[PDB]
Amino acid sequence: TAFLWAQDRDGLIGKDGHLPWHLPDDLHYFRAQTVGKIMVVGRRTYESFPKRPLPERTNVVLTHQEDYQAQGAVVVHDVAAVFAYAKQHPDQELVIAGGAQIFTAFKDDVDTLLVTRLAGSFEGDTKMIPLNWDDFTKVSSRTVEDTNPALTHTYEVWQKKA
Ligand SMILES: COc1cc(Cc2c[nH+]c(N)nc2N)cc(OC)c1OC
């Protein structure tokens, strides 16, 4: 399992799940990472996503209640089922596109964490769930500078150690 998300300096993800900040660069990064790999998106994500489903990619819509249904992404209401699905396709890695509730559910059993940090700050009604940084040790990171400081962002990857 892999964690793919973007956050500001303060620690907020956005509003209603949708990224309030328009960073075509960071957005490009998310899209590129989900190419040729299995990704899981929460129900809130299904509505927050810009356009689904993606081509040449495997998208999955995960919700707490089985009443909910999603188009373009496989709908799974079983936490165990999501793990098994990734297990079935060892060739393709599983990445959690969100949301935070989804992240929390699989946060404990994640080996790779991807985080995007923005120098600028944004305000919204949705904040990212707490993470244990000390438990995970950063393996590598990349820094990209945009025209505007707020726009400028960096990519950091953490791997769980035991
Ligand atoms: C491609 O656009 C979006 C992409 C994403 C996913 C996403 C973006 N950026 C990063 N760094 N990680 C992600 N998982 C979430 C969104 O909103 C929830 C988007 O629309 C604003």
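Numbers in chain A track the PDB entry; the residues on display, in order, are 1-162. Keep in mind that the numbers below use all heavy atoms, side chains included, and drop hydrogens, waters and symmetry copies. Indexing begins at 1, ligand by ligand and atom by atom, following the structure's order.
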Quick one: what's the drug at ligand 1 called? trimethoprim
Give the name, as used in the PDB entry, of the chain with the most heavy-atom contacts to trimethoprim. Dihydrofolate reductase
Which UniProt domain of chain A holds most of the residues in contact with trimethoprim? dhfr
UniProt methotrexate sites of chain A near trimethoprim (heavy-atom cut-off 4.0 Å): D26
Which UniProt substrate-binding residues in chain A pass a heavy-atom distance cut-off of 4.0 Å to trimethoprim? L4, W5, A6, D26, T116
Trimethoprim binding site, heavy-atom cut-off 4.0 Å: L4, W5, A6, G17, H18, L19, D26, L27, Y29, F30, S48, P50, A97, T116
